[PDB]
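For reference, the structure discussed in these notes is given below.
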Amino acid sequence: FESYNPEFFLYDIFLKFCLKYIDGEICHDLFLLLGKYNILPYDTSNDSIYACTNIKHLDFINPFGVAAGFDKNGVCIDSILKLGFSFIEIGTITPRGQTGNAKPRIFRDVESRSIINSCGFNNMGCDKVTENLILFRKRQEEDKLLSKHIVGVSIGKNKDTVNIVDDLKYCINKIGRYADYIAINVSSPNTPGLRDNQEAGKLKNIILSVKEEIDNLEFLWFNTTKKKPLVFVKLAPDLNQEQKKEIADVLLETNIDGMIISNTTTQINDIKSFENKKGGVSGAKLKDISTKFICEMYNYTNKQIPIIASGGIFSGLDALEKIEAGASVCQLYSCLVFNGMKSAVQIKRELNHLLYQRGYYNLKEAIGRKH
Ligand SMILES: Cc1cc2nc3c(=O)[nH]c(=O)nc-3n(C[C@H](O)[C@H](O)[C@H](O)COP(=O)(O)O)c2cc1C
Ligand SMILES: CCCCCCCCOCCOCCOCCOCCOCCO
Ligand SMILES: CCCCCCCCOCCOCCOCCOCCOCCO
Ligand SMILES: C/C(O)=C(\C#N)C(=O)Nc1ccc(C(F)(F)F)cc1
Ligand SMILES: O=C(O)c1cc(=O)[nH]c(=O)[nH]1
């Protein structure tokens, strides 16, 4: 075993320990601290050119990135990317820093590889996170192994903010220049009233405001693409067909660059250890629900809006199911929690194998093949 490799057995011993004894958020923060101090293992393999993917000019070296919320403040972007991910969606930052809901607010259920959280948009604020992203961009600029890595920024509203657009615009003005794309978060179930912004009418206004604000912002782009950040919207899977269809029409009207399918769900209640817990559920129990959601939106949007998959992706098989359902790229969170540091290297290898086995010459060919 190569001790610098994410697959080094020692990291699995650590993973077992963490999962067995350590509080969810404490472990998470410890992990981010390890990454901040750059003492995490890293992937040294070269990514298959056959598994590269894209969403317009956004070129991902591999189809795996880490979902929003994992590095809410962008404290160790480099370290996380070097685990083998092609991109990371930092934050889900708010104009002002806020503490989030009362702890403990993150619980694991290993048997079902599920997580439930009621974090509440805890983050250091757009100002501080921008500084962290700026530091990364400068670092990315001197390093070359990160030149093609992508960083997206998830944005939301502060707990008391009346008009979400006011917060979105503030964040864009501050960090938009350093983002490869912006993720409009209107699907968190831990911020009262936030999900109402998924109503076709409101969502349309929000998306246009975000796009205009990005244009109004426009060496210029200190990001990877060297172009203005694309716009994605992250949706909750707890919507009825009518709602999804109306949203689908808005996404086409607003010509949104992409849609991150499925944030956590609130319709799961078959998990024993989560009965007395609040928040959104992530993990295996969310996979089918979110995959189906992808199928629907892919159809409802006539395969015109690129999809970033999120929800219960742990293996290459799970990723292929998301891909064949219409997803062009995948985001992981729970996988990192349950499979640990070897998450990226492992899932990439699995997907390459599976793509080969099934007879695909590349990953793109598989996108939507479940038609
Ligand atoms: C502790 C925790 C915090 C999260 N924070 C955010 C966030 O700030 N913004 C966001 O868009 N999603 C957030 N998510 C949702 C994940 O990005 C992802 O959509 C969801 O967990 C489904 O992926 P998974 O099944 O692979 O875990 C969070 C999830 C967890 C478990
Ligand atoms: C200090 C050494 C402790 C060793 C414990 C050995 C347990 C044997 O499991 C072997 C396979 O582990 C592979 C890595 O898995 C990491 C994630 O483990 C999930 C929980 O596993 C529970 C059983 O250990
Ligand atoms: C099912 C019961 C499992 C019990 C497991 C006991 C595990 C104790 O874990 C200690 C080993 O983890 C090593 C730490 O690696 C993570 C960070 O690496 C940074 C470098 O650290 C070197 C000093 O450890
Ligand atoms: C609930 C929870 O456990 C988390 C969250 N969020 C989390 O990041 N955990 C977590 C993060 C990293 C590891 C490892 F180091 F092993 F790779 C293990 C667990
Ligand atoms: O910060 C949070 O509570 C949060 C945000 C989000 O988008 N999803 C989630 O499950 N939690």
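Heads up, chain A uses the PDB entry numbers, so what you see runs 158-375, 414-566. Read the numbers this way: they start at 1 and go in the same order the structure lists the ligands and their atoms. Atoms considered below: every heavy atom in the structure, side chains included; atoms not considered: hydrogens, waters and symmetry mates.
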Open item on the list: Would you mind finding the main macromolecule in contact with ligand 4 and telling me what it's called in UniProt?
Closed with: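 By the greatest number of contacts, it's Dihydroorotate dehydrogenase (quinone), mitochondrial.
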- [ ] Give the name, out of ERB-041, JNJ-26990990, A77 1726, N-butyldeoxynojirimycin, of the drug at ligand 4.
- [x]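 From the list, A77 1726.
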Open item on the list: Help me out: which other ligands and ions are under 4.0 Å from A77 1726?
Closed with: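 Answer: ligand 1 (flavin mononucleotide).
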Open item on the list: Minimum distance, heavy atoms only, to atom 14 (C) of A77 1726: which one of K229, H185, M536 is it?
Closed with: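 When every heavy atom of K229, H185, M536 is considered, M536 comes closest to atom 14 (C) of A77 1726.
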- [ ] Could you see which bit of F227 sits under 4.0 Å from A77 1726, with heavy atoms only: side chain, backbone, both or neither?
- [x]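 It is the side chain that gets close, since no backbone atom is under 4.0 Å.
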Open item on the list: Geometry only, no angles: is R265 polar-contacting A77 1726 at N/O separations under 3.5 Å?
Closed with: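 It does: an N or O of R265 is found under 3.5 Å from an N or O of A77 1726.
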- [ ] Could you see which bit of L172 sits under 4.0 Å from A77 1726, with heavy atoms only: side chain, backbone, both or neither?
- [x]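 Both of them.
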- [ ] Write out the residue and atom name of the closest protein heavy atom to atom 9 (N) of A77 1726, then the distance separating them to 0.1 Å.
- [x]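 I find the closest protein heavy atom is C184 SG, 3.4 Å.
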TODO: Find the residues of chain A UniProt lists as binding FMN whose heavy atoms come closer than 4.0 Å to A77 1726.
DONE: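 The UniProt-listed residues with a non-hydrogen atom that close: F227, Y528.
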Task: Contact check: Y528 vs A77 1726, nitrogen or oxygen atoms, below 3.5 angstrom - done: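 It does: an N or O of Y528 is found under 3.5 Å from an N or O of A77 1726.
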TODO: Report yes or no: does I272 have a heavy atom closer than 4.0 Å to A77 1726?
DONE: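 Not so, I272 does not reach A77 1726.
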Task: Sub-4.0 Å heavy-atom contact, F533 with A77 1726 - done: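 Not so, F533 does not reach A77 1726.
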Task: Site residues for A77 1726, heavy atoms < 4.0 Å - done: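 The heavy-atom site around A77 1726 is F171, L172, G181, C184, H185, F188, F227, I263, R265, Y528, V532, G535, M536.
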Show the short N or O contacts, below 3.5 Å, that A77 1726 makes with protein N or O atoms; if there are none, say 'none'.
{"unit_1": "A77 1726", "atom_1": "3 (O)", "unit_2": "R265", "atom_2": "NH1", "d": "2.9"}
{"unit_1": "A77 1726", "atom_1": "6 (N)", "unit_2": "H185", "atom_2": "ND1", "d": "3.3"}
{"unit_1": "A77 1726", "atom_1": "6 (N)", "unit_2": "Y528", "atom_2": "OH", "d": "2.7"}
{"unit_1": "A77 1726", "atom_1": "8 (O)", "unit_2": "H185", "atom_2": "ND1", "d": "2.8"}

